[PDB]
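Snapshot of CB-839 at Glutaminase kidney isoform, mitochondrial 65 kDa chain.
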Amino acid sequence: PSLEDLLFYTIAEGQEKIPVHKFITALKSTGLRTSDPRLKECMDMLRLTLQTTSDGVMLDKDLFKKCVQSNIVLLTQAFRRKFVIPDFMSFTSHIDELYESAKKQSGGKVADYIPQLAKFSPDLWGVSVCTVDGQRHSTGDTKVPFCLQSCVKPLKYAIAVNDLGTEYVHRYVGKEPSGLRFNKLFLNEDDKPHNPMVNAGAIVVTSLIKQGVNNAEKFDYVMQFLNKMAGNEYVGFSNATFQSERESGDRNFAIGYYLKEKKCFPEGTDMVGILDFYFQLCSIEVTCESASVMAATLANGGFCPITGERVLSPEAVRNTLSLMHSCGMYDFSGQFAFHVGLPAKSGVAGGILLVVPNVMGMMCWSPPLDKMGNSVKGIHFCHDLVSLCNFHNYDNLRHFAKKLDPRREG
Amino acid sequence: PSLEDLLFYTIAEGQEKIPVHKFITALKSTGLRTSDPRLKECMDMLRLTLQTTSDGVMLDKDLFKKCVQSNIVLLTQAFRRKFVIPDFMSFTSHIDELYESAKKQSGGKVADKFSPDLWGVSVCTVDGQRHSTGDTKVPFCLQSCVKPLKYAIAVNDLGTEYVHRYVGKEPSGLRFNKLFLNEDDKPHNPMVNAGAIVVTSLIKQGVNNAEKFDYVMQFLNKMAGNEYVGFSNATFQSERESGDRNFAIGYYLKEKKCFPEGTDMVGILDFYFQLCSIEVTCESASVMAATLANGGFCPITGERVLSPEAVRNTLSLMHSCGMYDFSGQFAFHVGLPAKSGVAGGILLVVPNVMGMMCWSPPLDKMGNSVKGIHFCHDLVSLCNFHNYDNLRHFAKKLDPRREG
Amino acid sequence: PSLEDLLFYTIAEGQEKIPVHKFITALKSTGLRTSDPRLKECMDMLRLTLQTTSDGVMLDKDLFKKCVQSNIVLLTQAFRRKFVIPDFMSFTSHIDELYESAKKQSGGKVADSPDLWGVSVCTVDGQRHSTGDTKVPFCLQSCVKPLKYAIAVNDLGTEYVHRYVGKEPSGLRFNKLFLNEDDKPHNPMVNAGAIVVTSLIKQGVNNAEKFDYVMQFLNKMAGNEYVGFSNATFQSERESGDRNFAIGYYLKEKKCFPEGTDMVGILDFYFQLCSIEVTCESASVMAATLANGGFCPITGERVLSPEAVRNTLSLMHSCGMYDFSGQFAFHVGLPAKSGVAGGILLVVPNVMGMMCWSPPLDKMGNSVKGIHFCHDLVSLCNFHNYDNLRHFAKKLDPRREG
Amino acid sequence: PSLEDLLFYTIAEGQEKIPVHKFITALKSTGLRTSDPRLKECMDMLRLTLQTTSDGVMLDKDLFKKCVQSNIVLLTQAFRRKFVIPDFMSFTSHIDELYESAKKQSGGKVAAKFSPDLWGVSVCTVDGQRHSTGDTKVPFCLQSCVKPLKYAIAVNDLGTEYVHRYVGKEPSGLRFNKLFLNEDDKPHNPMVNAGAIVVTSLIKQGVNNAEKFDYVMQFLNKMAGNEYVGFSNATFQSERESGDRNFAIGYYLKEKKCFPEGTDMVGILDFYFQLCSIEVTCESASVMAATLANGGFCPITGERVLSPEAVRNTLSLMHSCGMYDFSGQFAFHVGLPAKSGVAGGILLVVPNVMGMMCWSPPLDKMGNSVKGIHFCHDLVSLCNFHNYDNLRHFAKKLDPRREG
Ligand SMILES: O=C(Cc1cccc(OC(F)(F)F)c1)Nc1ccc(CCCCc2nnc(NC(=O)Cc3ccccn3)s2)nn1
Ligand SMILES: O=C(Cc1cccc(OC(F)(F)F)c1)Nc1ccc(CCCCc2nnc(NC(=O)Cc3ccccn3)s2)nn1
């Protein structure tokens, strides 16, 4: 009977043959991009076919079988509406509306404590989606690079848990939110930083990754790791931001010395070098599009949805999503978990890394911040997104009132 | 067509007629109980047919159809493995192993009268599948397990915005477990005593306390599918003679004007002690938890009991605030919304899957049942129920929602 | 040569007899009052002889001798300039200028009257001075806290009292907690500490006897000047005491009281003690007893033990003025206690006691005018705890003449 | 009539001449030392007269007058028992009893062993009377005993209102004894490390730290009447290799902009380490304390060293913040301003009476010299020196200001 065969009659509504562009247009409406790394054999074979047969340009039955047979499983799920969001085109129109609504919210202040971020216009606003099946959508300024800043904190925590395990990592860092009075304290009662998402905790996490090698290799180790999480889309580095972050980081130096004195680091830690490494990790650059793929790896249990590659252990991803839930949005963490109920991490450059587990990852970026440090338009977008769709952690998948569920339905 | 006939042969081995016991046995392995309120017409119609004779009795396609047609949608789901846990018989063996492993955990102190060897676990899935092991029909008081239930009621009747004018929505953090109010002069959240006291003051304002208790009781009846709910006047007397800290809380809340206008603080405290003395079993409480797991619909009656807004809010504050000073550790390791109480109950919700009640009176130093806490950890070590487990890639955890 | 004889010649100076009014005028200029209880025998015999010969009114040497022989020691200290403040008339001029200076600070808010303002002085030797509204009765309120702590330490000792209450301030940021880390109230000057102290006094008698016992105690500290009671204030404090009932229950729960304590009854007694009434004049004598190592300066009676007075002055220093205690100790350096009626009980150790009263309070709860007066007094005189008695710059020292 | 001859007859009784040694013995029993800087002219004049012959050796009314004329006012005061403690020989006997009693308190840890542990106590009254017992000439580092001294310097040179733009005036409370800043983003007071780090940054701004150090040394020489002051490079290196907490404090002060404009934070810390390593003995530190006891006038030289505002502010903050977490208990029971240091010293001021230094390296769990704290308790148990003792009615305490 044959899968390439059946798939074949699906797209050939009636005629004996399929226009190439008709196949492509139907393929894009799944949400996949033609550049998807799991589709390269079929796409090369299609480009090749346009060369060796300029006459159609069209695909007989064993011809189309020749192109798609190597990527047939993925192509079948895509076309039999088996993806996690089957009517992706309708969903993206909602995302676009949410985008436009948030664009009207013009408040907030751009971070200005170093000139590498006071240059960023307050009117850039970008949102990117990548589902657990690699379906993609973007609107606004989603290819402009910006620094992860604290959005890097769960990514490096995930790396440490992946290489070292939960039990070892949390000998060094706690696993719960401070409470809003303990905002300003470096250590909890057990002389550990409260959790990996506060600066002091991220500084200790930074100190456990790849112990014993030097900083250059430590950085390459982590960059290699972010590449895989992003399915090899753009991961960069801002020396300009790193230089300025290192010359105005008095409070992180205050933290570093206190942790050294309280013996918070592993035996043999060069605290000043760990601080240097920490500033580097804050200066790693992404776009909305590449960061959204990183979020989707977290949404997808540690597998990069656009490569199929296993990147992080389930243990690492579960721990990470737990702490983003409860500690990821600074003093707004409790409010955010209550009203949004999604694991999220914000950073001072205006990014909000966001995870809808089992569904999708997003990156929202708009430089202006509210008093707590969260992007105004990202915060507004996140509330709206959950008002509209039953993605809240404690929404019910069967009884959800007037909320829309994009995992379903005609 | 043939909706009820297709059921007849699925159960009858291509054969003339079904013995009744064989249909009942087939129905128990779905996990449903013959007493399920949604199966009443069918069971009534069997009792009439059993009265015709004293024989098999056995049912022909025509007689079978006459019993089951009223409840056919539910019964087919059950028998074509459509329920949220299709292989429920395998699942309960695991629950049984979990139960016996926690039974060996002998530590803890009983608060102070009950026996330290009582230990029960009850499950009710979002589809009404039931299982119990241990001391699951012994009544005991909810105590603080009631706090999510009455917060649910208050949000259900007044909305989230009104309720959180009077109570916060975050954990305090390990040091202010002793403070009564947060910086905005509100109790930190409704899972602490100060906050449950304020929440108690919002329910059915204006009406008197006797009717207020009636309303809550009726509301809990809906929540339990009308299974066992009661009241311990002995606990109520004990709780009130020793409620010094609760009175300290009440007067401080009064002075800081934390109550709605027209509140009688001393009466609210009395009402609060009443709500803490409400009695349940493991079985009836597990149905209440399943209502919360099922979006506000009681899984064994089909009735809508709470708004989805109420359930969501309640499940959120149970995640972060429901296990006292262990809330943060429990969230991190178990990832399940839960509420413990000093009688030794742990009300436990696995959203979209099942509700549970665990009960063993011996508490650890934080006030949580030792065996319930052990059981909860093991449950999520075993099955991919942690709130941030992935539903597609979960390593070697078992997933009871799948077959094979 | 007899002592009443030489004291006679110093006052007689010229002629052979002293008009009585000349003696009395010279006596008041020491700052003593004619009504002083240590002067009663001399004053009674002076009144007697103004009857016993309605002439003159003469007063020769032997007549002087039989009038003043009973009180000759104190009269000699007074006339030989032996009192702690010898030039008392010059000092009272200074008090008056400070009074008038504080009088023009009209800010603050009463406790829910803005023109009542009085200041009374009583030295360790019984010299009195008043200016302004100093015979108007008003409730001690929290000014009673050091007085009943002193009573409890006097009857019970320091060890016993302080199993139940702490000894230090603890934090402008733990100023909202009821208990310190050892589950005791922080010190006797906060409400929860003052509530526990109340529960220690005269245990095992009913509340009416406890009250009479403390009022009798306050009578002695005040040299039997006005001590009274305000049922109006008592009923008010008792209806609006939700905060203190919240403290009482937390204290019960954490077992802060002595065994056998009726907490609700203790709160009633506590409300009673807050409602006790004084004037500036009588309260100043109370302060002066504290300044005089526990002896009432206008009666010579021993009222409190050195231990009780030392402990009380120490805690007034650091916990006396609500959240202004740290700043007051630094800038004023005098033991003091304020209350919500506008009083400020003030002790200059070894010199004098004072009571200042002006109802309007600043946002920390202290009488605006009292606070301004207390700063000005220390700016002018070398009375700060850590002023030096020998090298003190431009400050004045009223313990001296030339 | 002549003051010098009036003194002659008193020393001599009714004899011809005063043997020199009998005048020396008579002078030493006032408490004054023959090396007292204010008695130098008189001692130079006995030195001259003692070189004019072999073993002569006595002074006539005319010779005596020749020696004592330049210092007659101060010798008169001494010999007519006008000093603040008139019967000084009796008082030092009491200091010796107190010393021996504290000597038996062997507990504590220093901040392997070869020699006994050291214990010394020096007294210097406001009139310059001196007494010493134990290891009083062994140099040791001030460490945090220097904190009141450098705060006084800064208030002396800059005033109260400038200094307290940068540092607070109150103790933090036992439960904020771990924070660097109070709610106004300033260190709590000058006696905590964070506060002393800022006080250090105020002294002699606009010269380099070698000149700043010189200035403080010159100032400390004035305070000690030019007795021993020095510097331990050993302590200075060890204090700076192990100053991670002080660097954490320094960076937090910088981030929060707590220093005066133009401050080099890393250099101030190095200056701060130097000041902690300055060396005194018991004897010379007691003179420093005595200067604080005497309104800012050095008692053995008569020089005005600090303004009264500096000294008053310094004594006030020693009262409440001087003995770490024991400050509250020490203020209540001892009632004297004091400052302890981790080398074992306790700078002790009895206002208007005397200054003392007690030194014994073993510290209690709070960081205070065990023996020094024992002595301080005994001293006020014995004498009516407590800030709130009464000078007239004082139970059966002793008052060494009085005759007999
Ligand atoms: O900013 C301020 C105003 C202020 C004042 C007081 C209260 C306050 O209230 C508020 F906290 F709610 F804001 C604010 N202060 C401030 C803020 C920050 C700092 C740098 C902090 C560095 C020193 C420390 N870091 N972590 C620590 N952890 C513990 O001690 C853990 C613990 C907890 C309980 C029991 C035992 N151990 S210590 N130093 N000082
Ligand atoms: O609990 C303690 C010592 C303590 C420590 C650590 C360990 C410890 O050990 C031990 F308890 F086990 F002994 C004891 N003290 C205590 C504890 C509780 C109480 C009743 C308190 C009722 C009064 C208040 N309720 N909420 C408030 N919040 C606000 O006002 C705003 C603010 C400012 C600061 C902090 C948070 N909020 S005030 N009053 N005092």
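A note on names: the letters A, B, ... follow the listed sequences, proteins ahead of strands, and every chain is numbered from 1. First listed ligand is number 1; within each ligand, the first listed atom is number 1. Hydrogens, waters and symmetry mates are skipped; everything else that's a heavy atom, side chains included, is used.
- Other chains whose heavy atoms approach CB-839 (ligand 1) within less than 4.0 Å: A, B, C, D.
- With the cut-off at 4.0 Å and only heavy atoms counted, the binding site of CB-839 (ligand 1) comes to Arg181(A), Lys184(A), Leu185(A), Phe186(A), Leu187(A), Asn188(A), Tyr258(A), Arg175(B), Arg173(C), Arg175(D), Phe176(D), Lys178(D), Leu179(D), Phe180(D), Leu181(D), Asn182(D), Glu183(D), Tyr252(D).
- The single protein non-hydrogen atom nearest to atom 34 (C) of CB-839 (ligand 1) is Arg175(D) NH2, 3.1 Å, given as residue, atom name and distance.
- Of all atoms in CB-839 (ligand 1), listed by their number and element, those nearer than 4.0 Å to a heavy atom of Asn182(D) are 2 (C), 3 (C).
- Protein heavy atom in closest approach to atom 5 (C) of CB-839 (ligand 1): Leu179(D) CD1, 3.7 Å.
- Which parts of CB-839 (ligand 1) touch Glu183(D) is read off a 4.0 Å heavy-atom cut-off, strictly below it: atoms 3 (C), 4 (C), 5 (C).
- Numbered from 1 in the order shown, with element, the atoms of CB-839 (ligand 1) that lie under 4.0 Å from a heavy atom of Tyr252(D) read 17 (C), 18 (C), 19 (C), 20 (C), 39 (N).
- An N or O contact shorter than 3.5 Å links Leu181(D) to CB-839 (ligand 1) by distance.
- Closer than 4.0 Å to CB-839 (ligand 1), one finds no other ligands or ions.
- Using a 4.0 Å cut-off to heavy atoms of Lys178(D), the atoms of CB-839 (ligand 1) that qualify are 23 (C).
- Among protein heavy atoms, atom 39 (N) of CB-839 (ligand 1) sits closest to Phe180(D) N, 3.1 Å.
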Starting from the N and O atoms of CB-839 (ligand 1), collect every protein N/O partner closer than 3.5 Å and put each pair on its own line with the distance to 0.1 Å.
from: CB-839 (ligand 1); atom 1: 9 (O); to: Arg173(C); atom 2: NE; distance (Å): 2.7
from: CB-839 (ligand 1); atom 1: 9 (O); to: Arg173(C); atom 2: NH2; distance (Å): 2.8
from: CB-839 (ligand 1); atom 1: 15 (N); to: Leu181(D); atom 2: O; distance (Å): 3.1
from: CB-839 (ligand 1); atom 1: 25 (N); to: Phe186(A); atom 2: N; distance (Å): 3.0
from: CB-839 (ligand 1); atom 1: 26 (N); to: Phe186(A); atom 2: N; distance (Å): 2.9
from: CB-839 (ligand 1); atom 1: 26 (N); to: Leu187(A); atom 2: N; distance (Å): 3.2
from: CB-839 (ligand 1); atom 1: 28 (N); to: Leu187(A); atom 2: O; distance (Å): 2.8
from: CB-839 (ligand 1); atom 1: 39 (N); to: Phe180(D); atom 2: N; distance (Å): 3.1
from: CB-839 (ligand 1); atom 1: 40 (N); to: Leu181(D); atom 2: N; distance (Å): 3.4
from: CB-839 (ligand 1); atom 1: 40 (N); to: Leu181(D); atom 2: O; distance (Å): 3.2

